[PDB]
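Entry featuring bosutinib.
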Amino acid sequence: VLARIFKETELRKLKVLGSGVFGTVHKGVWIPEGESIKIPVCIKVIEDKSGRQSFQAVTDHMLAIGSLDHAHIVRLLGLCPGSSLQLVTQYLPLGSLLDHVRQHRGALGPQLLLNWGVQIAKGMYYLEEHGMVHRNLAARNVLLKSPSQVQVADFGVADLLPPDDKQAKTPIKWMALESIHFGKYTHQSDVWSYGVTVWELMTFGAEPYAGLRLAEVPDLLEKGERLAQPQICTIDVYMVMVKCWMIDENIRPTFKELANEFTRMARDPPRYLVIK
Ligand SMILES: COc1cc(Nc2c(C#N)cnc3cc(OCCCN4CCN(C)CC4)c(OC)cc23)c(Cl)cc1Cl
């Protein structure tokens, strides 16, 4: 695939859906010139409020995000350079998997939970096979394309911005220790974030390290503390998560191994998730 470079005139933002550190997200419309059609899209505006740099040039890394497509990632339809960067995707109205599980909780049933572990790993495996480091995997950035199928969103976006060493800006509770301590991001550090994400699913959207201050999270990890075993998880599921949070980057599983292992468990869900 190949992403489109939009003219500013064929994009219109219509409503803010959210706002974080990696930009503001809008419901939008794509109006391709002269075709008499208005296509619903989702628009993420990235503005560098720290250093006030522009995004007028189409970098190799923006083209890399735009040449990826897979059933379990959100395709980047295109972008629109400018003083702020606009990223354009399909609009997925069903929203985020985090909100879904928080609302329905155990009513979702064990098959769907394990199936989603498979799908997120397959999406991540695709991204790894194409050399794309996500840098911000989390249950909030897994989106429902359908009631049963999810897609990994926001891959590559953190790299669109240069680091600011000015003295909360990054998602500490989802990050591998090597990323916190050294700013190093790899497919192996995406595996750590994957383990947190599937922990979010099995707890139905509990907050990781619920009541501790962010400053204290690295020290607890080095001392060997980890997210607790979810109530529905048998020891076999939890052990897959624990291997994801090894400080040794080389002991963590691969995305191929993770998709394989959740495939095997999804073949007999109640032997692995026990939902009262
Ligand atoms: C464009 O670029 C990017 C966009 C995104 N984020 C989203 C992507 C994608 N992709 C796709 N689809 C999304 C749909 C959303 O809202 C749907 C449900 C909300 N409704 C609000 C109003 N009430 C009445 C009903 C529910 C949404 O909300 C925040 C974010 C979405 C990301 Cl994570 C990264 C990049 Cl680079």
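Position 1 is the first residue of the sequence; numbering continues from there. Atom set for the values below is all heavy atoms of this structure, side chains included, hydrogens, waters and symmetry mates excluded. Order of appearance sets the numbers: ligands from 1, and atoms from 1 within every ligand.
- The macromolecule with the greatest number of heavy-atom pairs within 4.5 Å of bosutinib is, in the PDB entry, named Receptor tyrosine-protein kinase erbB-3.
- Residue contacts with bosutinib, taken as heavy atom pairs separated by less than 4.0 Å, involve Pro93 solely via the backbone atoms N, CA, C and O.
- The closest UniProt active-site residue in chain A to bosutinib, going by heavy-atom distance rounded to 1 Å, is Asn136, 7 Å.
- Residue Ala153 has at least one heavy-atom neighbour below 4.0 Å for each of these atoms of bosutinib: 33 (Cl).
- Residue contacts with bosutinib include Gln90, since one or more of its heavy atoms lies under 4.0 Å from the ligand.
- The proximity of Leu87 to bosutinib, defined as any non-hydrogen pair under 4.0 Å, involves the side chain as well as the backbone.
- At a heavy-atom cutoff of 4.0 Å, bosutinib is contacted by both the backbone and the side chain of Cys42.
- Contact annotation for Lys27 and bosutinib: no heavy atom of the residue comes within less than 4.0 Å of the ligand.
- For bosutinib, the atoms closer than 4.0 angstrom to any heavy atom of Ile43 are 1 (C).
- For bosutinib, the UniProt domain of chain A with the most contacting residues is Protein kinase.
- Closest to atom 9 (C) of bosutinib by heavy atom, among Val88, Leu76, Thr89, is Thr89.
- Less than 4.0 angstrom separates some heavy atom of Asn141 from each of these atoms of bosutinib: 33 (Cl).
- Between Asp154 and bosutinib, no pair of N/O atoms sits closer than 3.5 Å.
- The shortest N/O to N/O separation between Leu92 and bosutinib falls below 3.5 Å.
- As for UniProt ATP-binding residues in chain A, a heavy atom under 4.0 Å from bosutinib is present in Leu17, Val25, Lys44, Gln90, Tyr91, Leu92, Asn141.
- Listed by number with element, the atoms of bosutinib under 4.0 Å from a non-hydrogen atom of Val157 are 36 (Cl).
- With a heavy-atom cut-off of 4.0 Å, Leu143 touches bosutinib through its side chain alone.
- The site surrounding bosutinib, defined by heavy atoms under 4.0 Å, contains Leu17, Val25, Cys42, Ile43, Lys44, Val74, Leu87, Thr89, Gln90, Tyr91, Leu92, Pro93, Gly95, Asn141, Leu143, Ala153, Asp154, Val157.
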